[PDB]
**Student:** 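Opened a PDB file with pentostatin bound to Adenosine deaminase.
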Amino acid sequence: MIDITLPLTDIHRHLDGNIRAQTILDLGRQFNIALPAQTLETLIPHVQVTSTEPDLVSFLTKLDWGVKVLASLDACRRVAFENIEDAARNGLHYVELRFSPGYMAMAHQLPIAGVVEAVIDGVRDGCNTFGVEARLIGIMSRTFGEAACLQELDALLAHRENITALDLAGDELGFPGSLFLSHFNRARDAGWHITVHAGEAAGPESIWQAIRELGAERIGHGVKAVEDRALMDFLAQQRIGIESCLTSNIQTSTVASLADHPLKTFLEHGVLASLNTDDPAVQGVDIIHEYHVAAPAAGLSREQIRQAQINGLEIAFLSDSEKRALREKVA
Ligand SMILES: OC[C@H]1O[C@@H](n2cnc3c2N=CNC[C@H]3O)C[C@@H]1O
Ligand SMILES: [Ca+2]
Ligand SMILES: [Ca+2]
Ligand SMILES: [Zn+2]
């Protein structure tokens, strides 16, 4: 169940992996961009996983059409606004929206810092309209190499007072986290919080690298952490959050079945693991499905599902006052 007396969060949620299919059609028409399909029914298999993808890199290609229609900064503002609307429609009280401004800007060569500003604007408008609380996480898309990631870093730094955290996402095996030592040194000097996609396609060594070298306070996925008990202990003792995305892990073939997902194991070891969506539009599911379908299939008890719900706020990049206000309201 979702406990309606506790805040509902989603802290691993890619804005640019959540571009509505109707919005892809609308923007393609507005900009006269040729699309692979002309109706929702025929567009879906090009923009959404229909069963599973064979690996992480294949899954990543499903986001491409959404960002290929972003031909202006106003289009970026629209998708940011619609992302807050989607969060509101799912009963979320608090979201952290992560986005790769370089990935969003790539197709039409938009100014990368302008994409950051447009996302900030659209999220501000959406929060004002719907009342969802939100913070922004900038992503460096490792897939495009260290120099492209520096361009994204510079764009986010030009808006650093509006960005709460930095993340590394994309092709984990092709671009190990060790390559981004300098990018994260600069992020920590800027005072940003740190999360890192790690231990999804690669092993526990990638998680250790994210913690010890990149300064990660949370780990995106971290599925392979169960292979190292010392790592499990370190996560629990140091209160390093785990951002679990059950359906995503099925759809990237990171786990073959939810019955073998490590989320239950994390919670039994005292790790602050939370339930999240990842890429709602691409996956065809949102947070309600993760709680009511994916989490029971992953073997979690009712109490464990509640603990994951609590952990999402506990690991949020929010002040004690902000966390208290959300808890006091919903109680
Ligand atoms: O926000 C868009 C960026 O994030 C990547 N990205 C989007 N969803 C995921 C990503 N990366 C790694 N693991 C799978 C899943 O969690 C794609 C793009 O670079
Ligand atoms: Ca509110
Ligand atoms: Ca009280
Ligand atoms: Zn992700």
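One-based numbering along the sequence shown. Ligands are counted one by one from 1 in listed order, and the atoms in each one are counted from 1 as well. Hydrogens, waters and symmetry mates are skipped; everything else that's a heavy atom, side chains included, is used.
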**Student:** Hey, where's pentostatin in this structure? All the copies, please.
**Tutor:** ligand 1
**Student:** Find all residues with any heavy atom less than 4.0 Å from an atom of pentostatin (ligand 1).
**Tutor:**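 By heavy-atom distance, those residues are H12, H14, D16, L56, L60, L63, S100, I139, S141, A169, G170, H197, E200, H221, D278, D279.
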**Student:** Filter the residues UniProt lists as binding Zn(2+) in chain A to those having a heavy atom under 4.0 Å from pentostatin (ligand 1).
**Tutor:**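 UniProt annotation plus heavy-atom distance gives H12, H14, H197, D278.
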**Student:** Please state which protein non-hydrogen atom is closest to atom 17 (C) of pentostatin (ligand 1) and give its distance, to 0.1 Å?
**Tutor:** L60 CD2, 3.7 Å
**Student:** Where is the nearest protein heavy atom to atom 18 (C) of pentostatin (ligand 1): which residue, which atom, and how far?
**Tutor:** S141 OG, 3.6 Å
**Student:** N/O of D279 under 3.5 Å from N/O of pentostatin (ligand 1), yes or no?
**Tutor:** yes
**Student:** Closest non-hydrogen protein atom to atom 6 (N) of pentostatin (ligand 1), residue and atom name please, with distance?
**Tutor:** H14 CE1, 3.4 Å
**Student:** If you look at the UniProt active-site residues of chain A, which one is closest to pentostatin (ligand 1), and how far apart are the nearest heavy atoms, to 1 Å?
**Tutor:** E200, 3 Å
**Student:** Which other ligands and ions fall below a cut-off of 4.0 Å from pentostatin (ligand 1)?
**Tutor:**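 Within less than 4.0 Å, you get ligand 4 (zinc ion).
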**Student:** Looking at this entry, which organism is chain A from?
**Tutor:** Salmonella typhimurium (strain LT2 / SGSC1412 / ATCC 700720)
**Student:** Report, in ascending order of atom number, the atoms of pentostatin (ligand 1) lying under 4.0 Å from any heavy atom of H12.
**Tutor:** 16 (O)
**Student:** Heavy-atom contacts with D16 under 4.0 Å: which atoms of pentostatin (ligand 1) show up? List them by number with element.
**Tutor:**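 Heavy-atom distances to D16 below 4.0 Å select 1 (O), 2 (C).
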**Student:** Report yes if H197 has an N/O atom closer than 3.5 Å to an N/O atom of pentostatin (ligand 1); otherwise report no.
**Tutor:** yes
**Student:** With a cut-off of 4.0 Å, which atoms of pentostatin (ligand 1) are near a heavy atom of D278?
**Tutor:**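 Near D278, the atoms of pentostatin (ligand 1) are 8 (N), 9 (C), 15 (C), 16 (O).
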**Student:** With heavy-atom distances below 4.0 Å as the criterion, list the atoms of pentostatin (ligand 1) near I139.
**Tutor:** 1 (O)
**Student:** Any of the residues UniProt assigns to substrate binding in chain A within less than 4.0 Å of pentostatin (ligand 1)? Only heavy atoms count, please.
**Tutor:**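 Of the UniProt binders, a heavy atom is that close in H14, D16, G170, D279.
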**Student:** At what distance is the nearest protein heavy atom to atom 11 (N) of pentostatin (ligand 1), and which residue and atom is it?
**Tutor:** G170 N, 3.0 Å
**Student:** Before signing off on this row, confirm whether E200 and pentostatin (ligand 1) have an N or O atom pair separated by under 3.5 Å.
**Tutor:**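 So pentostatin (ligand 1) has an N or O lying under 3.5 Å from an N or O of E200.
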